[PDB]
Number of protein chains: 2
Amino acid sequence: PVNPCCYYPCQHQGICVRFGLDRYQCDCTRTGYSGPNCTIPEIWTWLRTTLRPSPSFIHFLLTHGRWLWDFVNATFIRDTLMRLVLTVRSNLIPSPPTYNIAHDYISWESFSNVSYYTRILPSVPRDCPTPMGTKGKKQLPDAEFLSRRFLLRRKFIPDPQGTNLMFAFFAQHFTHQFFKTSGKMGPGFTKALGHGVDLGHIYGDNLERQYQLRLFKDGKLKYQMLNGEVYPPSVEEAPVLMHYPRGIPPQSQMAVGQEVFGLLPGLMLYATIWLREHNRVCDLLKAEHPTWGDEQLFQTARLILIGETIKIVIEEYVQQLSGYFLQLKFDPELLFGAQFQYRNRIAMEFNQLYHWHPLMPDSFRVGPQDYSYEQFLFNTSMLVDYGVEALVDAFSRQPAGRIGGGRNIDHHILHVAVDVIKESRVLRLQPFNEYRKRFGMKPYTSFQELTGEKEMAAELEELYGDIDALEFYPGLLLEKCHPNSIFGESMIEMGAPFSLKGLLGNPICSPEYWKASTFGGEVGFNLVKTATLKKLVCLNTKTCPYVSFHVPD
Amino acid sequence: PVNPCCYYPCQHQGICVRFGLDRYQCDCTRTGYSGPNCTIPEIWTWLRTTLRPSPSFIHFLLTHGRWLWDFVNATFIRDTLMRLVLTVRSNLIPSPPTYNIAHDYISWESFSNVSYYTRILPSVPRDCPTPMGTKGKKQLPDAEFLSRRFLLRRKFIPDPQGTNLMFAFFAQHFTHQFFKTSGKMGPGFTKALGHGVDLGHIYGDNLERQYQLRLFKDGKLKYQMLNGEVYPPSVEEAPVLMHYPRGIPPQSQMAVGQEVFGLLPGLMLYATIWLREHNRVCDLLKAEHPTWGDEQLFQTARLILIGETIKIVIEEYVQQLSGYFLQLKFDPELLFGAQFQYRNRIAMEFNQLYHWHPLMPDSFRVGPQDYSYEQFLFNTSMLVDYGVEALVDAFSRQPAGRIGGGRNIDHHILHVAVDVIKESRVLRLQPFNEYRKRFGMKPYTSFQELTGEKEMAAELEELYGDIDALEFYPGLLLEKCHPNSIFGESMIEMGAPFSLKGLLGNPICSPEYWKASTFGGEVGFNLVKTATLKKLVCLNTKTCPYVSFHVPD
Ligand SMILES: *[C@@H]1O[C@H](CO)[C@@H](O[C@@H]2O[C@H](CO)[C@@H](O[C@@H]3O[C@H](CO[C@@H]4O[C@H](CO[C@@H]5O[C@H](CO)[C@@H](O)[C@H](O)[C@@H]5O)[C@@H](O)[C@H](O)[C@@H]4O)[C@@H](O)[C@H](O)[C@@H]3O)[C@H](O)[C@H]2NC(C)=O)[C@H](O)[C@H]1NC(C)=O
Ligand code: HEM
Ligand code: HEM
Ligand SMILES: *[C@@H]1O[C@H](CO)[C@@H](O[C@@H]2O[C@H](CO)[C@@H](O)[C@H](O)[C@H]2NC(C)=O)[C@H](O)[C@H]1NC(C)=O
Ligand SMILES: *[C@@H]1O[C@H](CO)[C@@H](O[C@@H]2O[C@H](CO)[C@@H](O)[C@H](O)[C@H]2NC(C)=O)[C@H](O)[C@H]1NC(C)=O
Ligand SMILES: *[C@@H]1O[C@H](CO)[C@@H](O[C@@H]2O[C@H](CO)[C@@H](O)[C@H](O)[C@H]2NC(C)=O)[C@H](O)[C@H]1NC(C)=O
Ligand SMILES: CS(=O)(=O)Nc1ccc([N+](=O)[O-])cc1Oc1ccccc1
Ligand SMILES: CS(=O)(=O)Nc1ccc([N+](=O)[O-])cc1Oc1ccccc1
Ligand SMILES: CCCCCCCCO[C@@H]1O[C@H](CO)[C@@H](O)[C@H](O)[C@H]1O
Ligand SMILES: CCCCCCCCO[C@@H]1O[C@H](CO)[C@@H](O)[C@H](O)[C@H]1O
Ligand SMILES: *[C@@H]1O[C@H](CO)[C@@H](O)[C@H](O)[C@H]1NC(C)=O
Ligand SMILES: *[C@@H]1O[C@H](CO)[C@@H](O)[C@H](O)[C@H]1NC(C)=O
């Protein structure tokens, strides 16, 4: 008999469980609901969901009326909201983590094995009629045509929010510390066992390699002087597995924490910058703490750097993305109010959703020059050629591709998207609509409602058969976007909760850790609290270029 | 200049941080105290401190009167106070963990590398005048001498609280899933990565081993029939690493989660009991969910068994230890409205502290027979000679040693305590009196004040020279004990916090994992909710013998 759970009977986060031959039962525990399917709301829950504004109304608010916000921001109401965002958003995320590619149920192996990604919804069961559960055609839409007809850029669409490539690369850099899928273990598994902001893209994902990159004098990282400027050393000087092409000089290969960073100067730029930062922070620390050995200098530098990273991403990166008039604020003290887990596990869903390749331009402009993809990719000298200042000026001046709304991925990298989808299908990821519901939205009733348009819609309608067969990742990228926006509500509402839980769940945000001691006292603590994209750059260079996550005017 | 931190100048959980060449300061963040040393109370601390009664008094409060208590046990107050104890206890233990053998400060490697035991107090700094700080003599007392004069059991001192061997062997069994110190990596590193109640000692601490122990059918572990009884498999059938006397026939080796267990019949008794429970639990699962595969059946029964353990540990084990009239309760829902991190990292001090070898008797009486050590140790046929029922009955009946009070370790195992102190000095554990302060107790001012009696104090008084020299382990075992207690206040007052954090800082007890579905429904959940030592044994044996953590009336 057909598998009942395959209908996803359990609403509102109830857990569908098989009993006897073909019965099921939903466990409605702590859902706010009861009944066979968790649809009968408790007194407080009914109260809640009717007095609750729709996500878009809230967004509208946060993005309109400067006059109210000028006010709010300068008063404490700035913090009440920040607290609210933090706790409400994060709540959507199970911690301790629930499921993994192997387990569709809570298990110890699931909980203790950090090589796995987690997931918020269970897989689509194998014993099921259609690969998306119950709805749609037998064999799913072709991955390659889907990317061609819908994600392949025709002409270039700059982000209407003015996001620059400075941002784009920072995202790529930043994220490739917690997304590193295992080649050898395959889909659903991960190298990045820090599972968040450990900065393992600077100090590597392992101790042994970490050790290889370290000077072991003064808490510092190894480095090479070139044209008077500091850079990550060569693989000959610091011998770690780096994914450069073969034949390429280990004498040209640069050594950073993330094996793939040698492949784009974008990444190699930030690896440079963060390295200078780290060494720079060591210099400061050794002035106040001369009695300190080498080890306590490195480990402290790393905290500060972890601290700095979270401060910026929150107060600048997410700001840019949100466009909110409310100024966001990094302050773990907001979270000492309520029940919070300073623990994070990366979901496969988060992975899928962060494949932000659209941001990537038709070509890369460095003042007068116009380097193509082939010219840019795997370049072994561009970084050293221009230096940091010059390549910060350039990335900060170039508009990035809008993410949502479709047809805005450059053909050079469209194969990523293809794989993401194909990868999605191996992972038996649930339908997009099933994820709407789980991230507190209504499901879309049609393809029209999704795209806010007819042509793509009715075209997808027939490829996919039903809208409840629409997949996660395609769905995120094809949904309509309010003009003036970088992407669609589902990206915000699905991503934000994975995003914030990933930032604040870090243990340096705990009552235990968030003290000055942790950061070698007050200069250490103040460095975290006042850290900036400008500062991070212009403190570590001879001159100071346009630095920002947005283009100038 | 001498390192200022050597003085432990900083009170009530402040952090001594070395600054410049010869100075220091204290980070007294969130301590409740201000000032350079941190002895200047905030309004709230003072009130809280002039009105807090002593441990003596609370111990007295729970250990005396019964009328009041059997009343309290029938009201909501049981839950009220139970919660007080948990929160009170577990808030003294940092979470995220703080330091380890290598780092005397918070660091990422210390957050991240679970192969370390954590530590509540930092190590006595390597640049200090005396091995214990500043107070005391150049040489700590000879460890073997300290043992032989103070801990060697002359006459057997039975536990005044009636503790039996059945408890003793339970304590060992249970505690040996989270203390697996490296023979290889050395002092202060762990093989048992669960850092808690994960039943590694049953399923092995690694995936390789677990697979080898698993029958991979119905979710069961392998077993063999000897005399019609289910015992753990042979090593030929489950080829895993087990420590056995070389020369012992392979058919006579039993394979279990934990490598040492095969030595002592005690151990291999519980290993057998639990194994039987596991398979038994699968036999209830498969009936409920015949569609379920062996992996789920396996991982679900595991959670039921982890749950069953804590239930028994809290409601029966820790209850027996306490002598409290407060009926202790395992109810995770008690913490559901509170800052509580559902994690735990094992500490050296817990390991040290948990060395209750003074539990073990002179001989081991089994029915008409009385067994010497040279007869009990490593006996491989004994468990299978008498069978579970007959051996449980015999451990339940024989008294266990009194733990505190001094001179209660049998000579046969006296070398253990010798290594404990030795290791204590490799781990540079701070002096007893500092651990006193960390756990919200007043330090001792005289060796006289410590033991109570006049004689044995004054010998130490001359061995150590000064009370602030006295060592962690020794102080524990030599401290005067409350009116008829199994050990002194310090053990209680230091142990329990770790103890409790060790049970309830377990994801299973989290809001996320504490639902019927985690255990495959009501049936599983009710076994957790309703388990008893008596039931863990008798539901698995032909007849039901005497079983209990206390010797009879
Ligand atoms: C949790 O924590 C445990 C404790 O840290 C970890 O186990 C330890 O892992 C480290 C891995 O490095 C071990 O550290 C030791 O370090 C010494 C240091 O001496 C250095 O040797 C280097 C050798 O490099 C040599 O030269 C070239 C270039 O320099 C190298 O590329 C080449 O490989 C060559 O051999 C020197 O470069 C350096 O100058 C020093 O002389 C090293 O010699 C030891 O062999 C050892 O590696 C440590 O011993 C491990 N275990 C223990 C008990 O300490 C554990 O890994 C961690 N767990 C996790 C999951 O991360
Ligand atoms: C020209 C620039 C870029 C290149 C060359 C590139 C290339 C790649 C490649 C080859 C992969 C592996 C996919 C596969 O083999 O199937 C990948 C994965 C990924 N990319 Fe990009 N990408 C670029 C831009 C970006 C940017 C700007 C982001 C930031 C949002 C991003 C986010 C990701 C993520 C999250 C993954 C998954 C990582 C993993 O699981 O290992 N990419 N990228
Ligand atoms: C006759 C029975 C016992 C014997 C033969 C025994 C002997 C030993 C031995 C040989 C060790 C290992 C020390 C080393 O690593 O060199 C040890 C450690 C230990 N014992 Fe026992 N002991 C017994 C009973 C107990 C009891 C009743 C307890 C209370 C729970 C206990 C608790 C511990 C603990 C916590 C360790 C340290 C384990 C680790 O660090 O991995 N032991 N004992
Ligand atoms: C966590 O889970 C993975 C998946 O089970 C573990 O790896 C597999 O282990 C088995 C037995 O050791 C092998 O047959 C597989 O080939 C391994 N790899 C894969 C991709 O399945 C991994 O060992 C676990 N991690 C830890 C720390 O135990
Ligand atoms: C890597 O980038 C460098 C520049 O940083 C490329 O060389 C430059 O090419 C431009 C024209 O595209 C010239 O105006 C400059 O004279 C060149 N600079 C140097 C130092 O040669 C180089 O071609 C790129 N690498 C690859 C493989 O295309
Ligand atoms: C703060 O702690 C320090 C360190 O123990 C104390 O400073 C000592 O004070 C003595 C007199 O008691 C002086 O003679 C020494 O110079 C100090 N020693 C060190 C190592 O600094 C001080 O007493 C404490 N202050 C308070 C108010 O408790
Ligand atoms: C302030 S927040 O809710 O915590 N996050 C957030 C809010 C809005 C937007 N956005 O692009 O409008 C983007 C946001 O951040 C995201 C980051 C990654 C993925 C999704 C959202
Ligand atoms: C109820 S509790 O505070 O959580 N623990 C506890 C309390 C008292 C006693 N006791 O022997 O009176 C023993 C106790 O149990 C342990 C003491 C030390 C180590 C482990 C358990
Ligand atoms: C009970 C909650 C009251 C708020 C109604 C929520 C639905 C409104 O919906 C929102 O309206 C905004 C109006 O300015 C539009 O700009 C948004 O796009 C739209 O989603
Ligand atoms: C002007 C009001 C701003 C403060 C309210 C913070 C709400 C944070 O955003 C809320 O997060 C929830 C989790 O994704 C969503 O379900 C809500 O629709 C979303 O707006
Ligand atoms: C619950 O959902 C199942 C499957 O979605 C459906 O068949 C059933 O009718 C529903 N029951 C109730 C009471 O709403
Ligand atoms: C082991 O135990 C059995 C029965 O309990 C006993 O007869 C036998 O002699 C013992 N072996 C040793 C080596 O003491």
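Chains are designated A, B, ... according to the position of each sequence line. By the PDB entry numbering, chain A shows 32-584, in order. Following the PDB entry, chain B residues are numbered 32-584, in order. Indexing begins at 1, ligand by ligand and atom by atom, following the structure's order. Header lists the method as X-ray crystallography, 2.8 Å. Below, all heavy atoms of this structure are taken into account, side chains as well, without hydrogens, waters or symmetry copies.
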Just wondering what drug sits at ligand 7. nimesulide
Counting heavy-atom pairs within 4.5 Å, which chain has the most contacts with nimesulide (ligand 7), and what does UniProt call it? Prostaglandin G/H synthase 1
State which other chains have a heavy atom under 4.0 Å from an atom of nimesulide (ligand 7). A
Any transmembrane segments of chain A with a heavy atom under 4.0 Å from nimesulide (ligand 7)? Use UniProt's count from the N terminus. 2, 4
